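A look at one PDB structure holding LY451395.
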Number of protein chains: 2
Amino acid sequence: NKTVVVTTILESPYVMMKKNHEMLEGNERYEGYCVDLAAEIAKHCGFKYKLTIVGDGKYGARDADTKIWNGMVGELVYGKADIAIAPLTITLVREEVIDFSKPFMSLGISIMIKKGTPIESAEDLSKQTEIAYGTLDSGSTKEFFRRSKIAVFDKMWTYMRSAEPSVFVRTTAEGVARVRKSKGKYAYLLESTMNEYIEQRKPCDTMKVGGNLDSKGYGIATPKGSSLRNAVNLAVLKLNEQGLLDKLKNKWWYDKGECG
Amino acid sequence: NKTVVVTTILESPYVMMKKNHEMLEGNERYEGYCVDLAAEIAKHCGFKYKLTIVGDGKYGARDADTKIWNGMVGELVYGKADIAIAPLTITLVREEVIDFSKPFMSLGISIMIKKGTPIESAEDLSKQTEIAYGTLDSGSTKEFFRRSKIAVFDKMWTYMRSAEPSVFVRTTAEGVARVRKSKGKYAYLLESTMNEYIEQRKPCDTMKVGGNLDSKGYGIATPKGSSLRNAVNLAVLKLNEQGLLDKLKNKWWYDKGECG
Ligand SMILES: CC(C)S(=O)(=O)NC[C@H](C)c1ccc(-c2ccc(CCNS(C)(=O)=O)cc2)cc1
Ligand SMILES: N[C@@H](CCC(=O)O)C(=O)O
Ligand SMILES: N[C@@H](CCC(=O)O)C(=O)O
Ligand SMILES: [Zn+2]
Ligand SMILES: [Zn+2]
Ligand SMILES: [Zn+2]
């Protein structure tokens, strides 16, 4: 009976360093939605666990040439971690190599603008050129655009892939900062969950505009053949039914919201 | 190989009799979201299939005394069907006896009123007696209320379980017809998907009021040990990623709107 290695990612408000982390040990160093969720998954499934921050800071993409998976998906695939409890999007390319639980949170790709940017939709972005637009450089949002068979998203991808300087960002923080600094001339494509979060953070200068471009979810991911698979999945279901997932989202998004 | 027996339920706009169904045969008798979904899933998984409407007309619940499952769940449990492709809610008690794919559609419990009924929320319903309210029998909505420890919803359950005459209905159509014919004196608790469909149908005399009471999904269900499980699961993800699930939702909800 071993300590389960949990891979996760420093992404607010899912996992954050506590103020006093240097004075704390192990799992107590971290706080956030996924920290709370990991404690509950572990309790319901009856395992001890160790939170680990993904080494490369990435979510998980497979390199076209080397076929190597990076990020948290890589850590699962290569057996460096036993479970990923993180804002990790359920995707087909990932579900082909790892198992996901039923989604614990819903999201879709969305548009973040600096307040007062004349953009209402993904159509509005594709039709103009004054406002630059991009995504996280190594995640499911980028892959949505790259793998699309849909005309308008193919159009947006074609712009983004060739845009100079690069419209892609290394971290959500960088995307958000870029929106805040580009005086309305950069829009960021990111998941609605992160968009919603940032809209409630000081200095309250960004907002989600328009509908989501897709509808999907984050799931808890395990390597194929994990003994944790069934129990993790039932735990997610139990926690949803008991209202905990809604409670945790409110706790980390809205209850401490800085924008009124 | 073998023709896959698909259990489903006559529920608008998921599976409906075509207007000229009397002159049609087999699968061709039916149209709707789940009819289109079945066709797509069968195509991506490489099986032939026969749509069969669930004999007892129910979704599925377990008798507390006999432990026997009825409805589509029962048909899977007892080997009468190979797969359920229907607006079947993923729930813990079900996921313990059958497997669910990733959700193909999101929904939450909601309130339908006859237009002008002075009810805005579940709280409003709980605080009065003049307007009766109920749910579908042998479904997940009833179970939600049965199990809820939320004071508003427990108060509601306490009332509904004892209410005379019975506030529960056999079919969604019966719930909706009850709302329409009770002059505002009956409200109906049903899933947001069905509520929102009905709101856009003639005679446009109902509406959804308040927020959803929960957030969950419909899943394609297979009996435990099914050779279809993984392929069906991936097929749902492929269909979502292609935008096909979104296309089907628009086809059956909003393009089929009669209320403007
Ligand atoms: C990759 C996709 C195919 S998807 O699998 O993400 N679904 C796509 C479809 C559009 C969709 C259906 C339902 C949800 C949803 C997510 C989380 C919750 C909270 C609890 N989730 S739960 C217990 O599983 O119902 C409820 C609902 C999300 C998406
Ligand atoms: N949740 C995403 C990362 C964020 C994004 O791509 O926008 C993923 O799992 O790749
Ligand atoms: N979708 C529900 C039926 C409708 C309801 O209970 O409101 C089920 O699977 O039981
Ligand atoms: Zn620090
Ligand atoms: Zn718990
Ligand atoms: Zn297809």
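Chain naming here is simple, since letters A, B, ... match the order of the sequence lines and numbering starts at 1 in each. Below, all heavy atoms of this structure are taken into account, side chains as well, without hydrogens, waters or symmetry copies. We count ligands from 1, going down the list as the structure has it; atoms in each ligand are counted the same way. Per deposition record, X-ray crystallography, 1.5 Å.
In this structure, the ligands or chains belonging to LY451395 are ligand 1.
Taking the chain with most contacts, the partner of LY451395 (ligand 1) here is, per UniProt, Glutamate receptor 2. The other chains with any non-hydrogen atom less than 4.0 Å from LY451395 (ligand 1) are A, B. Using a 4.0 Å heavy-atom cut-off, the binding site of LY451395 (ligand 1) is formed by A/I90, A/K102, A/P103, A/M105, A/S106, A/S215, A/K216, A/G217, A/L237, A/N240, B/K102, B/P103, B/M105, B/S106, B/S215, B/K216, B/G217, B/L237, B/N240.
As for UniProt L-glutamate-binding residues in chain B, a heavy atom under 4.0 Å from LY451395 (ligand 1) is present in none of them.
Every atom of LY451395 (ligand 1) is numbered from 1 in the order shown, and the set under 4.0 Å from a heavy atom of A/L237 is 23 (C).
Of the protein's non-hydrogen atoms, the one nearest atom 14 (C) of LY451395 (ligand 1) is B/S106 CB, 4.0 Å.
In the vicinity of B/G217, heavy-atom distances shorter than 4.0 Å reach the LY451395 (ligand 1) atoms 25 (O). Protein heavy atom at the shortest distance from atom 2 (C) of LY451395 (ligand 1) is B/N240 ND2, 3.7 Å. In the entry as deposited, no covalent bond from LY451395 (ligand 1) to a chain appears. The protein non-hydrogen atom at the shortest distance from atom 28 (C) of LY451395 (ligand 1) is A/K216 O, 3.6 Å.
LY451395 (ligand 1) places these atoms under 4.0 Å from at least one heavy atom of A/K102: 24 (O).
Residue B/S215 has at least one heavy-atom neighbour below 4.0 Å for each of these atoms of LY451395 (ligand 1): 19 (C), 20 (C), 26 (C). Where the criterion is an N or O separation shorter than 3.5 Å, residue side chain and backbone included, B/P103 meets it with respect to LY451395 (ligand 1).
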